[PDB]
A.B. asks: 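One structure, as structure tokens, below. Some questions next.
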Amino acid sequence: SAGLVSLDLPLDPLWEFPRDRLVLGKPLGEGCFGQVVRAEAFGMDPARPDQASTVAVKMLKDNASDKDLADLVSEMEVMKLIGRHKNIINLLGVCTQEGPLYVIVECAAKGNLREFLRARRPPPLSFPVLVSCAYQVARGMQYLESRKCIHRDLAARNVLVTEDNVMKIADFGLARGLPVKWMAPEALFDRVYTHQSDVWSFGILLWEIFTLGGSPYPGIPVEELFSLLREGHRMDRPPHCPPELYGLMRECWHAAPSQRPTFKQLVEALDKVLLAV
Ligand SMILES: CN1CCN(c2ccc3[nH]c(-c4c(N)c5c(F)cccc5[nH]c4=O)nc3c2)CC1
């Protein structure tokens, strides 16, 4: 319950998992101070203890500081309270006592959304699948908005994809700690993060989806961007994109946070487009 680093972390019966049952695998995500690794967790579903399931395992090597563990413990404790949703990297279990810390979270087979879209390019990927991707993140963000979480940056890299193409958001639970293009004006300059600063980032995320995993603000040094944003100039409507759907991106990129749309509206707007196709 919001506890810091200790010699041995406290036992929590609602979330604890047997480390002898968990079997680690090859490294999924290279990381500097902490890392995420693949693992075949046996008996993850306790109703069927014989059958196994593939899972991700966030952890840290012998080098991360005392503060770096407290971040991972804070990331764990936030995931407990937020609970389950279809479009979120949910917590499955934790291994704390009598050994190193392993936080078990559900695995994503097809990787991040940027690498997913860039792979499936025409030298697959239809229009409704792109709208289905944009709709699922909006639903996922709406749930995290209602639980008072507030996402840090939000981008194609941070959203992950399942075997059956379900968009699941990751790193929502991580505390504060490069992504200049994705940040809102108030988040860049004054550093005041709100629900409406993620709305800006969702606008940038919509751009990434309908450019098939393109890099936003193409061909600038991350300096004229600042002057460009505060002179009434935003990104253009990309190749193959409707004007009403582009209108939602322009709504997100309004300078006034009050003028930007809430996540409830962006779901309901995309719902009408998803219901059409
Ligand atoms: C060599 N190529 C490296 C990139 N390839 C890849 C493919 C699927 C992947 N899933 C995750 C992953 C996370 N990064 C993750 C996280 F960062 C936090 C919480 C849960 C997570 N679950 C994941 O499943 N990484 C992947 C990498 C393909 C092979």
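Since chain A takes its numbers from the PDB entry, the residues it shows come out as 446-568, 583-636, 651-750. Counting starts at 1 for both ligands and their atoms, following the listed order.
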A.B. asks: Name the drug or drug candidate found at ligand 1.
C.D. replies: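 It's listed as dovitinib.
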A.B. asks: Under the nomenclature of the PDB entry, which macromolecule has the greatest contact count with dovitinib (ligand 1)?
C.D. replies: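 It has the most contacts with Fibroblast growth factor receptor 4.
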A.B. asks: Help me out - which UniProt domain of chain A has the most residues in contact with dovitinib (ligand 1)?
C.D. replies: Protein kinase
A.B. asks: I'm curious, any covalent attachment for dovitinib (ligand 1) in this structure? Which residue and atom?
C.D. replies: none
A.B. asks: What does the entry say about the source organism of chain A?
C.D. replies: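 According to the deposit, it's Homo sapiens.
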